[PDB]
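Next structure: contains SKY59.
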Amino acid sequence: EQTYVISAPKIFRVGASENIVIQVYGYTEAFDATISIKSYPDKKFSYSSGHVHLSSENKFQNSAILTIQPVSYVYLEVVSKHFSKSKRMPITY
Amino acid sequence: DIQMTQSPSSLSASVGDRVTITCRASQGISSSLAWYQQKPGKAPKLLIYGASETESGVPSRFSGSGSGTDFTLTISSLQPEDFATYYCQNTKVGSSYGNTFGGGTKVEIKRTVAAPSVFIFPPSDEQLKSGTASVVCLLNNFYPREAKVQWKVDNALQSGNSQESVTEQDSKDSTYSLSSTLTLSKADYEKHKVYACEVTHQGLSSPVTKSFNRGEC
Amino acid sequence: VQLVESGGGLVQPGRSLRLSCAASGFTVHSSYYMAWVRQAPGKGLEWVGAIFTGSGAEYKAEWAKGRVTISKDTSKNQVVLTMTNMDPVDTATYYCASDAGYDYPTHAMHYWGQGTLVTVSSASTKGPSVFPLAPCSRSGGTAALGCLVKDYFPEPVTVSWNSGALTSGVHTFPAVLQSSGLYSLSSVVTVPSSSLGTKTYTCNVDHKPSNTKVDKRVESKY
């Protein structure tokens, strides 16, 4: 089995920076992952994006610092070759 | 880095044959293996990714199999366009691995055994003025590729003073040609009388020697 | 997806090579595993190294470590290879290759560039000397005649027979690199032995880098 763990703050702060933790298990091959803040609900616009590497060197964990500046919700998206996972996040101004 | 061993290095096949090419890794890489085709003068082309998945555009006759250390490329009904060199590559990214290519497997057109017709050329008087003598031996239209050329200067075996060059498989009769150049100085050339090219080949029961005397040029 | 190599050609021994690879049809949403692959004349494929376009994570072959640096650009989508202290051994066709990003599950090289020839040599541009290849005597049977195209830099040399009229039985061999650093090429033709009395054979040698056009009549001495 190959599983992933995505960690994020509950409500996204508009203006302030947020840390998004990605952890992967069951992988021995090194690969890249993209963590992005995208529009709700069609993902037509991307606000902030961060590419992270996952390998044996960093123990298959990484994070990206992402922010949103001036809408009720955004999408947090984590994409790679092996998985694609999105979560709807509420925002406060 | 990981080592990728390909066997065989070359194989002879005809149109319609089933061709089997093996790739062996020094350690386990699960399904992370790719197969490539390369024609002379052209860039390599991906055929199989993930050990067993054929790329779109690539004909269904190409199929990959195997997991772990041993891998197999099968071409079911061999076509004229399929004659090329084939490479395996580990695709597993990591510090302990590296994306190493295998040595390669040349798929050559099988035909009947043909003996080489051997020709020897003395150096011209134009070249001797500059101070160097090139003696050329020609092996014309032979099959298969494996042929040994031995230079003899006054019945003495030569080593380290000759360069060989082989053509690609011919477009019409599927034969190879070989050119060997023996390089000597003018002073060393004038010392000796007899210059011989000795050829051994599968299509010859006895060696073919073509020779010339220097004074008779 | 298209990959274009640039920065190839003649490199002096000891100097540092720098090659650029521009990628078209790359999406910003995905990261790409972009590799450099080299091939020496008459040899197999050798993986030099690779980089992820997203994170910038670098991977290299053990022989390439200490000599090779692979760098990236985000907006330009250009991947640059740097190889320090170049040697005649490093003479190869250098390919830029890439995966298909997050769309395909493996790091296989889906896309390949046309490749750029890198020649590491200290030799200067020199026109070839053309010498006839003929037996001692003319000698019913099979006869062979040719031309030895010796001591030229750089490649390539094009050889035709009788102003392009003769094509049958012509074998123009690949060049050999001599210890001097100059190239030597042989071109031969099989001919009917009876025609040797009246029919003449002349090889036409063109070398564009030095702008030399040499025609040479081939006949046996006796």
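The order of the sequence lines fixes the chain letters, beginning with A. Sequence positions for chain A are given in the PDB entry numbering; the residues included correspond to 20-89, 99-121, in order. Following the PDB entry, chain B shows residues 1-217, kept in their order. Numbering of chain C is taken from the PDB entry, so the residues present carry the numbers 2-140, 143-225, in order. When reading the values below, keep in mind they use all heavy atoms of this one structure, side chains included, and skip hydrogens, waters and symmetry mates.
In this structure, the ligands or chains belonging to SKY59 are chains B and C. Looking only at contacts, the largest set of contacts to SKY59 comes from what the PDB entry names Complement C5 beta chain. Top chain of SKY59 by heavy-atom pairs under 4.5 Å with chain A: chain C. Using a 4.5 Å cut-off between heavy atoms, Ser55(A) does not touch chain C (SKY59) at all. Heavy atoms of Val107(A) lying under 4.5 Å from chain C (SKY59) belong to its backbone as well as its side chain. Entry annotation: chain A, source organism Homo sapiens. The residue among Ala58(C), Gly55(C), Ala101(C) with the most heavy atom pairs within less than 4.5 Å of chain A is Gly55(C). Contacts between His110(A) and chain C (SKY59) at a heavy-atom distance below 4.5 Å involve the side chain alone, from C-beta outward. If you measure heavy-atom distances from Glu48(A) to chain C (SKY59), the contacts under 4.5 Å come from the side chain alone.
Per a heavy-atom criterion of 4.5 Å, the residues of chain A contacting SKY59 are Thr47(A), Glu48(A), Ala49(A), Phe50(A), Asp51(A), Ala52(A), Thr53(A), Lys57(A), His70(A), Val71(A), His72(A), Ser74(A), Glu76(A), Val107(A), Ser108(A), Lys109(A), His110(A).
Using non-hydrogen atoms and a cut-off of 4.5 Å, the paratope of SKY59 toward chain A is given by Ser32(B), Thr91(B), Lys92(B), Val93(B), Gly94(B), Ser95(B), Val29(C), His30(C), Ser31(C), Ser32(C), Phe53(C), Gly55(C), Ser56(C), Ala58(C), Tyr60(C), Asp100(C), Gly102(C), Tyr103(C), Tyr105(C), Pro106(C), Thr107(C), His108(C).
For chain C, the PDB entry gives the name SKY59 Fab heavy chain.
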